[PDB]
Novice: 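My questions will all concern the structure given below.
Following the PDB entry, chain A shows residues 207-260, 276-477, kept in their order. Reckoned from all heavy atoms, side chains included, excluding hydrogens, waters and symmetry mates. For ligands, and for the atoms within them, numbers begin at 1 and follow the listed sequence.
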Amino acid sequence: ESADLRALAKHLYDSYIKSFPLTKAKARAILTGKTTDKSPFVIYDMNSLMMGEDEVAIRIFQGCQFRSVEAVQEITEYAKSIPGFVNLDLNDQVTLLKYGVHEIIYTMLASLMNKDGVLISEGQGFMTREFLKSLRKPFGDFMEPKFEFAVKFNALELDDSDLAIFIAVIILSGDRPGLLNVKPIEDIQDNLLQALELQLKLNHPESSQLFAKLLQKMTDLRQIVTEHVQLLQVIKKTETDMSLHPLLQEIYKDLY
Ligand SMILES: CN(CCOc1ccc(C[C@@H]2SC(=O)NC2=O)cc1)c1ccccn1
């Protein structure tokens, strides 16, 4: 079955590529100017944000919400390919996605980030970290957590084929609140974890406890969504007509 684990890994990686238009590999190549045809427009202030055309703190923040809505779709398409998943009780299919998508959004957002800022609009634009730190309270600090994490995370130097398995492990969490049949979920994850363990062994031989160090990052991931939600609350207490995209509403409904 170690051959399965390999085939499982290749499978996940193919669907991941099928499901997500902008990979870490492609993102890294835009972030480091492997190109002409590929360099981004840089939004670093209010003007260039205006001229950024391939209230503002509000525009950007809903911009972030439209990205999530797209992300949820892609992640969902990807989940479909995880062997076992569509066989779960669909109440559980639903729960796993609900508690899963943000952890995956932020994992993959890391792929799009460096110390200075984050890629946007399929890597066509690049928004600077200072610029985002410069929105007015409470929007002033909604991204910094993501950045602080992305910096640690990217230190792992994982690539797309590592990430594919990792995000499957995230979804298939038998610890999510309100699962009915947990044992099938953990049977799946056990395979995913083994696939992951082997992949890291093979892809980064020279790299002690990367498997463990990567699992520990799941902790940081959850704290990100934990605090993001805290902040949604501040915004909700502090802002008028702060209505959130219908889809993001269902997801945030009883989440923590
Ligand atoms: C700064 N960027 C990159 C996206 O960066 C993101 C930050 C946070 C999220 C999570 C969203 S925000 C929310 O409240 N709920 C969510 O699911 C999603 C993406 C963008 C992206 C598009 C337009 C403007 N700017």
Novice: Counting heavy-atom pairs under 4.5 Å, which macromolecule has the most such pairs with ligand 1, as named in UniProt?
Specialist: Peroxisome proliferator-activated receptor gamma
Novice: Which option, praziquantel, resiquimod, ciprofloxacin, rosiglitazone, matches the molecule at ligand 1?
Specialist: rosiglitazone
Novice: Around rosiglitazone, which residues have heavy atoms within 4.0 Å?
Specialist: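 The heavy-atom site around rosiglitazone is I281, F282, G284, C285, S289, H323, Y327, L330, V339, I341, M348, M364, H449, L453, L469, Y473.
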Novice: Report the UniProt rosiglitazone binders of chain A that come within 4.0 Å of rosiglitazone, using heavy atoms.
Specialist: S289, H323, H449, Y473
Novice: Quick check: does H449 get an N/O under 3.5 Å from an N/O on rosiglitazone?
Specialist: yes
Novice: Which organism of origin does this entry record for chain A?
Specialist: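 According to the entry, Homo sapiens.
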Novice: Are any of the N/O atoms on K367, whether in the backbone or the side chain, positioned under 3.5 angstrom from an N/O atom of rosiglitazone?
Specialist: no
Novice: Looking only at N/O atoms, are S289 and rosiglitazone under 3.5 Å apart anywhere?
Specialist: yes
Novice: Give the UniProt domain of chain A with the most residues touching rosiglitazone.
Specialist: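 Those residues lie mostly in UniProt domain NR LBD.
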Novice: Which of the numbered atoms in rosiglitazone are under 4.0 angstrom from any heavy atom belonging to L453?
Specialist: 14 (O)
Novice: Identify, by atom number and element, the atoms of rosiglitazone in contact range of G284, meaning under 4.0 Å from any of its heavy atoms.
Specialist: 22 (C), 23 (C)
Novice: For rosiglitazone, which of its N or O atoms have a protein N or O partner closer than 3.5 Å, and how long is each gap?
Specialist:
unit_1, atom_1, unit_2, atom_2, d
rosiglitazone, 14 (O), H449, NE2, 2.7
rosiglitazone, 15 (N), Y473, OH, 2.6
rosiglitazone, 17 (O), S289, OG, 2.6
rosiglitazone, 17 (O), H323, NE2, 2.9
rosiglitazone, 17 (O), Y473, OH, 3.4

